[PDB]
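Simply put, chain letters go A, B, ... down the sequence lines. For chain A, we keep the numbers from the PDB entry: what you see runs 5-177, in order. Residue numbering for chain B follows the PDB entry, covering 7-177 in order. Method reported for this entry: X-ray crystallography, 2.7 Å. Read the numbers this way: they start at 1 and go in the same order the structure lists the ligands and their atoms. As a basis for the values below, the full set of heavy atoms in this structure was taken, side chains included, without hydrogen atoms, waters or symmetry mates.
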Amino acid sequence: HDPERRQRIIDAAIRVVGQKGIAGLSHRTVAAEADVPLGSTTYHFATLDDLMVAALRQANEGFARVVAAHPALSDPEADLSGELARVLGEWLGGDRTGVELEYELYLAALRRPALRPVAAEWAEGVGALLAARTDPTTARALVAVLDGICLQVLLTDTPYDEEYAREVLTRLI
Amino acid sequence: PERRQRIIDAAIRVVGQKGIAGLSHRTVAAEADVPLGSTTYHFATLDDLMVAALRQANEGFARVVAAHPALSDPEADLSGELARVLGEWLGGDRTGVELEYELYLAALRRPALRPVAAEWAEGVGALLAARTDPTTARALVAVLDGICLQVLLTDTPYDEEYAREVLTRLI
Ligand SMILES: Nc1ccc2cc3ccc(N)cc3nc2c1
Ligand SMILES: Nc1ccc2cc3ccc(N)cc3nc2c1
Ligand code: NI
Ligand code: NI
């Protein structure tokens, strides 16, 4: 263990990615942005994948916090659809650097097998909140659809339509 | 007209093997055995290169709908029919599936590609939206992406009856 030097490094990885993107993520630049010695970076994350895996892992940590601040998601007395659409609305609107950053790391799992189990983590922990309410097959669905709705906004560059989102989300539950 | 195309076919090859990282104007010119930089005459920025590559790769899907008239048939189980064309694409060699996705998902942070990624989004829409309901039309594309990435990113097999269920719930 060496939490802080390690922790500073991860934060700088996230900072480097959001700024220059996955392409601008090397040990020298993380070392620089973290302002720690190059050897400390190669010591804690031998490979770049290790570093990305830890970064994404941390980005996921934040979704949980968001679910924690919005009790309606756990209140089996509230409209899951309308409530989810809303949270997404808030996440999507309000600095895409955080959004793009997290998504870039996540989508990176497509080619880098290392990131797949950490990608799967996100999903298994998100359907968790939906599976705790509805059945498991509807959870697996929601997590999937929900992803496609964000991607549809982030990729096509067409604004987020909360009502549409709530309707399509409703068709699954 | 045939040099632009040779440069394109090349980029699709570069990505299929080195991913988007390997696409470098010189990597393409090298792959298409064309004068270095000659690629710049047709595509100024790398962004232009990718937009053309994505626009050409994105056509695969239109073809498969053609070879499966059963999807244009208003009186046919779209869900199961779709769940099928999807299992075919996700079950045989992912290099095609991967390179197309990488280019498409690249839109994420390269505004250039947004319009292309959106083109294909309505194409697929109307190409099976006109089957009434505007909503179902745009939600179809999103549910497809989700169903796909859920496979491609977590490294868990494509469950067809599951896809069908989800699709059936949408339609
Ligand atoms: N790949 C994804 C998909 C959906 C997401 C929805 C979110 C909502 C709130 C938040 N704070 C972070 C989120 N991250 C996501 C990452
Ligand atoms: N972004 C996407 C989403 C779904 C897709 C489904 C497909 C099915 C057959 C095929 N030949 C190409 C496809 N491309 C896709 C690209
Ligand atoms: Ni070759
Ligand atoms: Ni077929």
Problem set entry | ligand 2: macromolecule with most heavy-atom contacts, named per the PDB entry | EbrA repressor
For this session: Please pick from proflavine, clavulanic acid, LdT the compound located at ligand 2.
Result: proflavine
Exercise. By chain letter, what other chains have any heavy atom closer than 4.0 Å to proflavine (ligand 2)?
Worked result: B
